[PDB]
Amino acid sequence: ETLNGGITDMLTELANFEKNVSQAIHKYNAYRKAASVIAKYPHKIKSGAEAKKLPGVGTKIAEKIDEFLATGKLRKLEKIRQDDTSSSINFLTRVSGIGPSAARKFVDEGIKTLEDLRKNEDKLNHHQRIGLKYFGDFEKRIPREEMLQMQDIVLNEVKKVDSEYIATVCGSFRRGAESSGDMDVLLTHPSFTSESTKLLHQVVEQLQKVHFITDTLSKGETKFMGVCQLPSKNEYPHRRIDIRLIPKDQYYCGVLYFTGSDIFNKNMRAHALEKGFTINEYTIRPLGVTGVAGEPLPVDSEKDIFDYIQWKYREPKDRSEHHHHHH
DNA sequence: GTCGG
DNA sequence: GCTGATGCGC
DNA sequence: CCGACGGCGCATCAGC
Ligand SMILES: Nc1nc(=O)n([C@@H]2CS[C@H](COP(=O)(O)OP(=O)(O)OP(=O)(O)O)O2)cc1F
Ligand SMILES: [Mn+2]
Ligand SMILES: [Mn+2]
Ligand SMILES: [Mn+2]
Ligand SMILES: [Mn+2]
Ligand SMILES: [Mn+2]
Ligand SMILES: [Mn+2]
Ligand code: NA
Ligand code: NA
Ligand code: NA
Ligand code: NA
């Protein structure tokens with residue numbers, strides 16, 4: 001199935017360990033980068049040397065690849081898997097609301113299992129209460145077929161609140177994925193621009209009023225994080241939904257951001273820094289001589305952003321990650 | 001952990 | 001109130 | 001203790 005899959009899984013496992021157990025956020029990103037680059041490499045890897053040529057594979061990862069190529073495993077990962085404290089910390093971070101820091105506190109207080117975690121609800125904040133409540137459903141992927149029915153509801157209900165709203169389903173759906181992990185809804189309204197001043201609320205209560213949104217993780221004036229569910233013919237899993245209100249006049253920088261992937265975005269924002277610019281979901285600005293962002297540059301399309309940084313435009317579908325296959 | 005300066 | 005970290009997530 | 005690594009919304013606490 002997956003060309004070099006053994007290696008990329010290995011590197012993914014290490015990344016997760018550095019993040020969740022070591023709290024080494026930059027080592028985590030080194031391994032992710034490594035995993036991404038190898039996955040998109042179109043040849044089989046014969047050695048750590050070969051791999052090392054790829055940007056973001058260095059000495060220590062080559063070594064590991066050698067070890068893995070030679071033995072079909074990695075001793076560093078055997079020791080880690082066996083370490084039950086590492087394994088429970090890792091596990092707890094898969095609940096939404098719990099990161100490396102809380103997962104560690106919980107495990108050092110004898111909370112190690114799903115069963116233990118439910119026993120100690122009173123220890124959890126609201127966000128964690130809800131991620132635990134839907135832990136199972138949130139592990140499932142969303143078929144594009146079901147994404148369409150959700151778009152239909154979201155779009156219809158936005159129009160019914162105020163037809164001047166425009167709602168756009170971004171994330172992995174806009175990239176054409178046949179399944180998505182969540183639903184990312186990007187929202188504009190002409191009253192909200194970068195120079196103006198309860199636009200997101202209305203939409204959320206409307207979506208709750210017709211019982212599509214079922215819970216709330218967090219909510220502010222511009223970003224809503226919650227749970228949703230299709231009505232049953234006769235039940236559908238609950239699902240994560242992200243609703244983002246961005247300023248009407250910065251739609252392109254915002255839709256670029258909200259389309260992802262995550263890895264595409266940090267690579268893009270990294271390539272810009274070396275060219276001399278800084279990008280966020282609102283603007284692309286030139287970095288001053290002192291690394292200080294200057295005034296925003298004009299953007300009339302997604303391609304204008306790529307253009308400023310001397311990148312070839314890439315349609316949404318080519319902003320996903322890929323892997324390659326062996327026979 | 002990698003890169004680069 | 002304000003600012004500024006830290007934790008968490010996308 | 002070579003240093004930067006993407007960038008920021010929401011929740012919370014700390015120090016003023
Ligand atoms: N680290 C991240 N940086 C980003 O810019 N993003 C952006 C913000 S919103 C857009 C989509 O994020 P999601 O986490 O919903 O990821 P996705 O839709 O690509 O993937 P999925 O199908 O939701 O698993 O990507 C996400 C990150 F995780
Ligand atoms: Mn495949
Ligand atoms: Mn294989
Ligand atoms: Mn490739
Ligand atoms: Mn205890
Ligand atoms: Mn998504
Ligand atoms: Mn999302
Ligand atoms: Na390299
Ligand atoms: Na988590
Ligand atoms: Na308790
Ligand atoms: Na459920």
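So you know, we letter chains A, B, ... as the sequences are listed, proteins then strands, and number each from 1. FYI, side chains are in, hydrogens and waters are out, and symmetry mates aren't considered; it's all heavy atoms of this structure. Atoms within a ligand are numbered from 1 in the order they appear, just like the ligands themselves. Looking at the header, which is where the method is noted, we find X-ray crystallography, 2.5 Å.
Comparing AMG 319, HBY 097, FTC-TP, the one located at ligand 1 is FTC-TP. The chief contact partner of FTC-TP in this model is named by the PDB entry as DNA polymerase beta. Those other chains that come under 4.0 Å from FTC-TP, heavy atoms only, are A, C, D. Taking every heavy atom of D184(A) and a limit of under 4.0 angstrom, the matching atoms of FTC-TP come to 11 (C), 13 (P), 15 (O), 18 (O). Checked against a 3.5 angstrom limit, the closest N/O atoms of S179(A) and FTC-TP fall outside it. Ligand-side atoms of FTC-TP in range of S180(A): 22 (O), range being under 4.0 angstrom from any heavy atom.
Protein heavy atom in closest approach to atom 27 (C) of FTC-TP: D262(A) CB, 3.3 Å. The source field of the entry for chain A reads Homo sapiens. Nearest to atom 10 (C) of FTC-TP among the protein's heavy atoms is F258(A) O, 3.5 Å. Protein heavy atom closest to atom 17 (P) of FTC-TP, with residue, atom name and distance, is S172(A) N, 3.9 Å. At a distance under 4.0 Å, a protein heavy atom can be found next to atom 15 (O) of FTC-TP. Those atoms of FTC-TP that come under 4.0 Å of a heavy atom in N265(A), given as number and element, are 4 (C), 5 (O), 7 (C).
The protein non-hydrogen atom at the shortest distance from atom 23 (O) of FTC-TP is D182(A) OD1, 2.5 Å. The PDB entry assigns DNA chain D the name 16- MER template. In terms of protein heavy atoms, atom 25 (O) of FTC-TP is closest to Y257(A) O, 3.7 Å. By the 3.5 Å distance cut-off applied to N or O atoms, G181(A) is counted among the residues near FTC-TP. In summary, the atoms of FTC-TP found under 4.0 Å from a heavy atom of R175(A), numbered by their order in the structure, are 19 (O).
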